[PDB]
Q: 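Here is a complex structure; among its components: oseltamivir carboxylate.
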Protein chains: 4
Amino acid sequence: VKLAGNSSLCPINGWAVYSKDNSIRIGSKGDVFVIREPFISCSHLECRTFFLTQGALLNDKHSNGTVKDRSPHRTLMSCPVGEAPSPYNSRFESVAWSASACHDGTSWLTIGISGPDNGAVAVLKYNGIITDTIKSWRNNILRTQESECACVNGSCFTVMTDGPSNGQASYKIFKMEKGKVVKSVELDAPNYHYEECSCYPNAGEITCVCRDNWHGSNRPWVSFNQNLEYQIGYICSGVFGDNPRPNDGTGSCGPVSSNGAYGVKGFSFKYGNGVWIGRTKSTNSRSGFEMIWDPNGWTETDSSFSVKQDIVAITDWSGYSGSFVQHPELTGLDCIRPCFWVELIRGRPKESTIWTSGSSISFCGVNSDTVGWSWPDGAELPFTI
Amino acid sequence: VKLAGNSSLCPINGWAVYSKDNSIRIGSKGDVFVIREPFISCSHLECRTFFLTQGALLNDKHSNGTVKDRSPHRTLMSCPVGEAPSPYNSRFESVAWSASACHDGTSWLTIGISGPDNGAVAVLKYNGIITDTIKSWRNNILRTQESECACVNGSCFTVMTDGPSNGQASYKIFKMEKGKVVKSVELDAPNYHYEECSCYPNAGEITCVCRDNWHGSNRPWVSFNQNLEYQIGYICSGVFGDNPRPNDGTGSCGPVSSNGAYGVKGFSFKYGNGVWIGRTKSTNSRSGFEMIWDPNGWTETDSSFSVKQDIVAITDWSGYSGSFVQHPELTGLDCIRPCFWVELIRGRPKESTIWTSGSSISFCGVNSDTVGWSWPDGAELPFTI
Amino acid sequence: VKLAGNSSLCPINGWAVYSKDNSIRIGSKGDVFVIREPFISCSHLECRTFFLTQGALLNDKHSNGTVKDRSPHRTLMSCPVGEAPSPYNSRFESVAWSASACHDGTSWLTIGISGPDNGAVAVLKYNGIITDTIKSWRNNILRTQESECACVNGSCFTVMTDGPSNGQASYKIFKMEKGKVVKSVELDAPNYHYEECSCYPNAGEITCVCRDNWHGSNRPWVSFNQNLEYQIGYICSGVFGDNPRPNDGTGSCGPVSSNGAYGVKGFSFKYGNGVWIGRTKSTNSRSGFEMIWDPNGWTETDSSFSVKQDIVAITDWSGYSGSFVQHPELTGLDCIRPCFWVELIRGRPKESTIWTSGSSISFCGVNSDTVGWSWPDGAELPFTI
Amino acid sequence: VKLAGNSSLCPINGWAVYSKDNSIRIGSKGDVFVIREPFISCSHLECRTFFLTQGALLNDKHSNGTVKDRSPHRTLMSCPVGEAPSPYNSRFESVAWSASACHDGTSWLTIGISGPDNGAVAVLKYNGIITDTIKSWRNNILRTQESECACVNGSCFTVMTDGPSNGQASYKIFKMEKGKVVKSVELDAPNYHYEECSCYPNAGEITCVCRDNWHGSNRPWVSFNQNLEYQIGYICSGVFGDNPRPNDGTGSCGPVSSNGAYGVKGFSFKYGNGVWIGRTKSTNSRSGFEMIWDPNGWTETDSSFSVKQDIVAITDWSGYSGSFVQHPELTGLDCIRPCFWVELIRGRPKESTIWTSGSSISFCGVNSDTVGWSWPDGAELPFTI
Ligand SMILES: CCC(CC)O[C@@H]1C=C(C(=O)O)C[C@H](N)[C@H]1NC(C)=O
Ligand SMILES: CCC(CC)O[C@@H]1C=C(C(=O)O)C[C@H](N)[C@H]1NC(C)=O
Ligand SMILES: CCC(CC)O[C@@H]1C=C(C(=O)O)C[C@H](N)[C@H]1NC(C)=O
Ligand SMILES: CCC(CC)O[C@@H]1C=C(C(=O)O)C[C@H](N)[C@H]1NC(C)=O
């Protein structure tokens with residue numbers, strides 16, 4: 001039976017460690033895929049880890065310039081959470097250098113994008129079989145979430161971008177049933193910039209917190225009904241969420257220009273006017289990670305907050321981070337539980353190696369107490385190469 | 001319940017990437033099988049990749065002269081689509097240096113040929129247990145499809161050749177049920193030459209497009225009803241499908257002798273008087289791949305065609321290619337969906353390695369739009385050896 | 001249906017070899033996890049081996065200081081009994097450097113403790129999803145069993161410690177249902193020291209034999225009802241079970257102070273006033289192992305016993321050992337079968353390697369005859385390093 | 001439902017190849033266990049390969065003196081037929097240096113002997129849980145089949161030996177239900193010698209053809225009803241089946257003393273007064289294998305025969321071989337089908353390496369035709385060592 005998403009986000013006090021895959025430490029010897037853009041998404045029975053491989057293993061020559069981003073060998077595969085991604089435990093999903101995926105209660109929907117930069121195509125699959133296709137409409141790198149999509153009452157939603165990662169680009173929301181596009185709407189978002197959105201379902205509606213790689217240090221959002229009627233904005237909190245970003249201060253409900261000319265994928269959970277913010281600890285590099293609870297931070301502008309919980313130390317490498325949900329039909333709870341993952345990027349451009357790849361760690365909602373600490377990748381570089 | 005095959009091929013506009021195993025790039029370090037002759041075939045529940053191993057792994061000494069073709073260690077195995085063939089994820093099917101396979105809706109049927117060249121024997125299995133045997137009748141390398149057989153209303157059919165790959169040889173169509181040959185017929189096709197046929201079910205009948213290794217540059221075909229009543233011909237198009245072959249020009253409905261003394265296994269999908277032709281890009285070697293729609297090309301002699309979709313660039317190695325299907329019981333559609341796979345050969349005799357193996361990529365029908373691009377093997381030879 | 005735990009320990013005579021994973025001998029080449037603190041636990045259908053990896057593999061550089069005990073990369077995983085723990089056959093369970101686990105008949109309950117020594121938090125999971133959390137109440141290394149928990153009539157119970165591994169500490173017994181803590185009690189055990197308890201169900205109650213690391217050469221025990229009403233004491237048998245320990249002699253029903261300033265993890269099965277004692281053969285190091293039947297050494301003080309059954313020769317490295325149970329719902333028997341496992345520790349600090357890890361062996365109850373022997377680890381150190 | 005064993009052996013004309021695992025060729029690089037004494041057995045759903053590992057992998061130092069036979073690290077494991085035995089694809093079964101196993105229609109019954117030569121104990125397991133124990137009764141290496149046991153109407157029977165491999169030893173037949181010994185009888189076989197019997201069910205009774213290591217070149221046999229009422233004898237054919245053995249000549253219905261002071265495990269299928277013999281091609285060493293049809297050869301004494309089918313050239317190493325069956329509940333047939341396997345031993349003592357391991361190949365009855373050929377191991381020694 002389909003996942004009803006009419007339930008609300010579960011109240012919580014902190015975050016508890018859920019998984020850690022040590023893929024990079026293990027891959028030092030083991031046959032572990034070199035990856036990037038990993039993300040967790042759960043069905044009504046299990047939770048999986050999706051990722052984009054480089055069609056090569058760690059410590060092998062084919063792992064060479066795996067910093068390039070888009071290639072013909074890039075593929076989307078999955079394995080159960082906490083496990084190291086290997087050819088011996090990974091399920092093939094699709095050929096792709098940018099992807100998304102979600103479970104509607106019945107079957108899995110995977111979105112993989114491949115092809116050249118001037119005409120990339122999104123192949124949609126439902127239970128492994130191709131159910132639709134979406135071709136680039138601006139011919140400038142059609143790309144997507146790199147985190148799970150959201151399903152509600154049997155419909156799943158996602159967000160895509162086409163155009164410059166440099167300035168005004170085109171943005172679209174898509175609704176799908178059985179992996180087929182039943183409706184789509186382009187957002188009329190002049191001056192906004194949307195990339196790699198982390199979307200979750202709450203009370204029958206979707207909410208997405210994304211990345212402004214053009215000119216924002218704070219994160220932009222988009223929420224919508226099952227008819228794609230939407231609203232847009234930026235988190236007004238002075239506790240800036242992008243990286244790079246400036247020192248905390250006075251935020252704005254609009255794009256914060258200072259230092260937001262690049263970025264990193266992230267997420268945030270909205271509760272009333274409050275927001276849980278996941279962000280790096282550094283303001284310049286993808287180092288460290290922490291969770292901050294700013295009550296009344298979604299609508300106000302100030303750098304004051306209530307709680308902060310360490311996830312990774314400033315001295316250790318972090319990277320992308322996304323949100324993922326647990327539905328009542330998998331949990332037995334009467335609310336939609338929030339969790340998040342963090343990508344731990346090793347290699348280039350920061351480290352002198354011939355390769356780039358990443359590990360993952362994840363946490364979940366919870367009302368019981370927690371603790372901040374540091375759960376870093378742990379590999380010692382360089383490798384035998 | 002048995003796969004019904006009374007439906008027609010789904011109408012289509014282009015091809016959407018379905019998978020890429022990256023086995024060779026992965027095998028540089030991973031315990032991946034050395035193979036050749038890989039093909040895809042689906043049941044009413046999953047799609048799998050079959051292939052002929054060389055009882056050895058990549059980058060190991062036993063990988064030596066793996067260019068030999070036939071030997072006692074050659075075995076037919078399978079794993080899920082897109083995954084690299086390895087001993088930790090592959091199901092053993094049969095001992096064979098030539099095979100075929102298809103699912104009738106109930107169980108898998110596998111056909112593996114082993115034994116000496118002067119008296120080979122095909123072993124038929126149904127759900128993993130031997131159900132029949134077919135021994136060579138001409139005593140000269142009994143061989144078969146190297147791709148999926150076709151099943152209709154409980155019956156599965158295949159084609160086998162016995163005799164010279166050099167000139168006139170004998171060809172037989174077999175009809176089976178629960179893996180037992182209930183009927184067969186020897187094709188009265190003087191001056192024709194059949195090999196590595198790609199057969200597919202359509203409107204209750206089978207259609208096979210094969211390879212002329214004796215004297216044809218265009219491909220031969222055979223279609224037949226469930227009682228083995230058949231018709232034979234050659235694709236008349238001036239867009240020659242074999243490799244080697246001559247530059248495009250005036251085709252023929254009979255064997256085009258120029259350059260057809262050799263060949264490569266291939267496929268083609270017939271729609272009315274039109275055909276989707278899959279072929280290499282080079283006219284001499286196994287380089288590149290492309291999809292071509294020549295309406296009225298199945299019966300007409302002209303090198304004019306409508307659409308062209310690139311799959312593999314001329315600068316990269318390709319190889320065998322075959323057709324495979326997605327029945328309604330698996331898809332939910334009301335038509336039989338056409339898909340294809342391409343074998344990417346690396347090593348001897350074109351590269352200076354001590355071995356020969358291959359990777360695979362596959363695509364499927366689709367009405368939505370698509371894009372041409374290039375999805376090559378990507379491994380850099382030579383290996384550590 | 002829930003595992004009723006109202007049956008009694010089956011009457012037995014000796015122990016029969018159940019399993020041996022040779023993980024270390026195998027990892028010399030294979031991709032085996034470097035581990036410690038392993039233990040078995042069974043459901044109503046299968047038996048698994050749980051363990052705490054070091055987020056690295058044998059014979060790889062990351063295997064370095066794997067002697068350190070606690071780290072962020074330490075994770076709790078599991079695989080079927082007898083199989084070598086590997087990233088290709090292990091299910092991820094939880095991030096932890098101390099754990100426990102058991103099956104209530106319906107789903108698996110896992111307990112993984114992580115975080116800093118001054119603020120560790122226990123993450124309880126039921127069927128893979130977080131259901132409760134427990135933070136350190138004495139801010140001094142919250143730790144647990146390192147062996148299975150015990151479930152009765154739908155409820156599972158475990159024991160945890162917080163405070164000095166050096167002297168008087170704080171001990172608590174928890175009661176959980178579907179992984180949620182419904183009740184907890186602190187033992188009023190002045191002068192006692194509980195650590196790494198082995199608890200088993202019997203006649204509707206729980207019995208634990210633990211490790212006194214503070215000042216006992218004999219072992220302490222706790223037994224309690226389903227409402228956490230309890231009783232405490234020490235095994236009085238002059239056949240001292242802790243290691244190190246003094247030569248056998250006159251025991252005590254309280255802490256035997258000579259040599260018991262350290263210890264190792266163990267177990268014991270109480271029968272009437274008698275006991276089956278598992279122990280190392282050495283009085284000083286974790287060398288050798290043997291089972292001893294002191295009929296009524298549970299309450300009596302005399303170093304005399306009836307049967308001795310060798311499990312590992314004095315010349316070979318041994319280590320931790322714990323109890324694990326079969327239930328009637330799994331076995332079909334009408335009694336609770338006792339079984340135990342043994343950790344074979346190789347590496348530091350006794351051998352000159354840069355790492356520490358371990359193999360496992362197990363035995364089960366049984367009435368028919370048996371024989372003692374020696375089933376050591378068998379790996380030859382050092383390794384390629 | 002239980003496997004009725006009331007049907008008779010299926011009439012056959014030759015033997016078709018069923019599988020080949022290439023375990024050693026693959027092990028050159030892959031993580032393949034080192035093993036000996038492999039054998040196949042089938043349930044009502046699938047066929048598996050059991051084997052006794054040496055607790056190490058090929059091409060690793062721990063693969064050293066793996067020629068010793070018995071050791072504490074020896075374990076019984078299994079994987080699907082055709083697959084190379086590895087720690088990634090192998091199910092653990094029991095600790096043993098001698099074993100047997102069979103499926104009764106409901107669950108697997110495994111038999112694993114371990115312990116010292118003067119007190120070995122066989123641990124029986126039903127569905128993975130210990131159901132009985134049998135201790136040595138002569139204190140001289142209790143040993144068993146090293147192939148599959150036979151099940152009929154819900155009962156499985158096996159054969160065990162205790163005593164000298166040097167002369168008169170004690171032989172016993174065991175009958176078990178759900179893994180528990182319900183009856184047992186000791187054979188009154190003076191001047192007979194039974195070891196490593198291959199037993200198959202037929203018309204509700206069991207027939208075993210074994211190895212005489214004492215003083216016989218021909219093979220001894222025992223057949224018995226479901227109440228262990230039995231009959232013994234020796235195959236009378238002058239086509240001697242043991243190895244070593246003298247050149248073919250005049251056989252004997254009793255022990256043929258010339259050259260039978262040692263031997264190898266083998267098998268045979270009796271049809272009326274005829275027999276299908278499996279044997280090596282060489283009379284001195286375990287080289288080559290072949291099937292021979294000697295009608296009226298079970299009771300007569302002559303070296304003449306009707307059919308001979310080659311399985312392994314004399315130029316290549318063979319080794320143990322045994323029988324296995326496929327019941328009607330698996331095949332759908334109305335008769336019990338005969339098949340067999342052959343162990344291809346490589347290394348010591350015939351080859352200069354530091355190890356000993358084996359590969360496997362198997363065949364099945366079949367009415368259709370077949371062919372003789374040579375399917376050897378194919379590994380090139382020595383290895384990197
Ligand atoms: C094309 C711009 C896009 C959005 C900023 O770049 C991403 C940034 C990345 C990054 O900043 O690390 C890595 C992503 N793999 C890349 N996505 C693609 C499709 O190339
Ligand atoms: C024997 C002739 C036959 C048909 C052309 O050769 C094939 C051509 C091949 C090729 O052109 O690459 C490889 C196939 N492995 C081989 N088949 C067998 C059975 O050896
Ligand atoms: C903190 C004291 C505790 C009980 C004695 O130490 C254990 C002893 C050990 C040992 O004596 O070998 C190894 C365990 N990994 C360790 N547990 C933790 C959590 O560090
Ligand atoms: C102990 C005598 C017995 C029967 C002849 O020896 C077998 C012969 C063998 C052989 O001749 O190769 C190998 C078996 N692994 C061995 N079995 C045991 C248990 O040691």
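Within every chain, numbering begins at 1; the chains are lettered A, B, ... in the order of the sequence lines, protein sequences first and strands thereafter. First listed ligand is number 1; within each ligand, the first listed atom is number 1. Below, all heavy atoms of this structure are taken into account, side chains as well, without hydrogens, waters or symmetry copies.
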Q: Please provide the name that UniProt uses for the chief contact partner of oseltamivir carboxylate (ligand 1).
A: Neuraminidase
Q: Provide the letters of the other chains having heavy-atom distances to oseltamivir carboxylate (ligand 1) under 4.0 Å.
A: A
Q: I'm curious how oseltamivir carboxylate (ligand 1) sits relative to the natural ligand site. Which residues UniProt lists as binding Ca(2+) in chain A have a heavy atom closer than 4.0 Å to it?
A: A:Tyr262
Q: What does the PDB entry report as the organism for chain A?
A: Influenza A virus
Q: Checking heavy atoms only, which UniProt-annotated substrate-binding residues of chain A fall inside 4.0 Å of oseltamivir carboxylate (ligand 1)?
A: A:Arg36, A:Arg70, A:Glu195, A:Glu196, A:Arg211, A:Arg286
Q: Polar contacts were defined as any N/O atom of the residue lying under 3.5 Å from an N/O atom of the ligand; does this apply to A:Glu37 and oseltamivir carboxylate (ligand 1)?
A: yes
Q: Starting from atom 9 (C) of oseltamivir carboxylate (ligand 1), what is the nearest protein heavy atom, named by residue and atom, and what distance separates them?
A: A:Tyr320 OH, 2.9 Å
Q: Could an N or O of oseltamivir carboxylate (ligand 1) be found under 3.5 Å from any N or O of A:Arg286, whether backbone or side chain?
A: yes
Q: Does A:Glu195 reach oseltamivir carboxylate (ligand 1) with a nitrogen or oxygen that is under 3.5 Å from one of the ligand's nitrogen or oxygen atoms?
A: no
Q: Using heavy atoms and a threshold below 4.0 Å, how should the contact between A:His193 and oseltamivir carboxylate (ligand 1) be classified: side chain, backbone, both, or neither?
A: neither
Q: State the other ligands and ions under 4.0 Å from oseltamivir carboxylate (ligand 1); answer none if there are none.
A: none
Q: Should A:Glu146 be counted as touching oseltamivir carboxylate (ligand 1), given the test is an N or O pair under 3.5 Å?
A: no
Q: Who gets closest to atom 7 (C) of oseltamivir carboxylate (ligand 1) by heavy atom: A:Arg36, A:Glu196, A:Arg74?
A: A:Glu196
Q: Can you check which residues touch oseltamivir carboxylate (ligand 1) if I set the heavy-atom cut-off to 4.0 Å?
A: A:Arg36, A:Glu37, A:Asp69, A:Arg70, A:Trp97, A:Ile141, A:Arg143, A:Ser165, A:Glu195, A:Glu196, A:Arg211, A:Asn213, A:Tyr262, A:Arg286, A:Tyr320
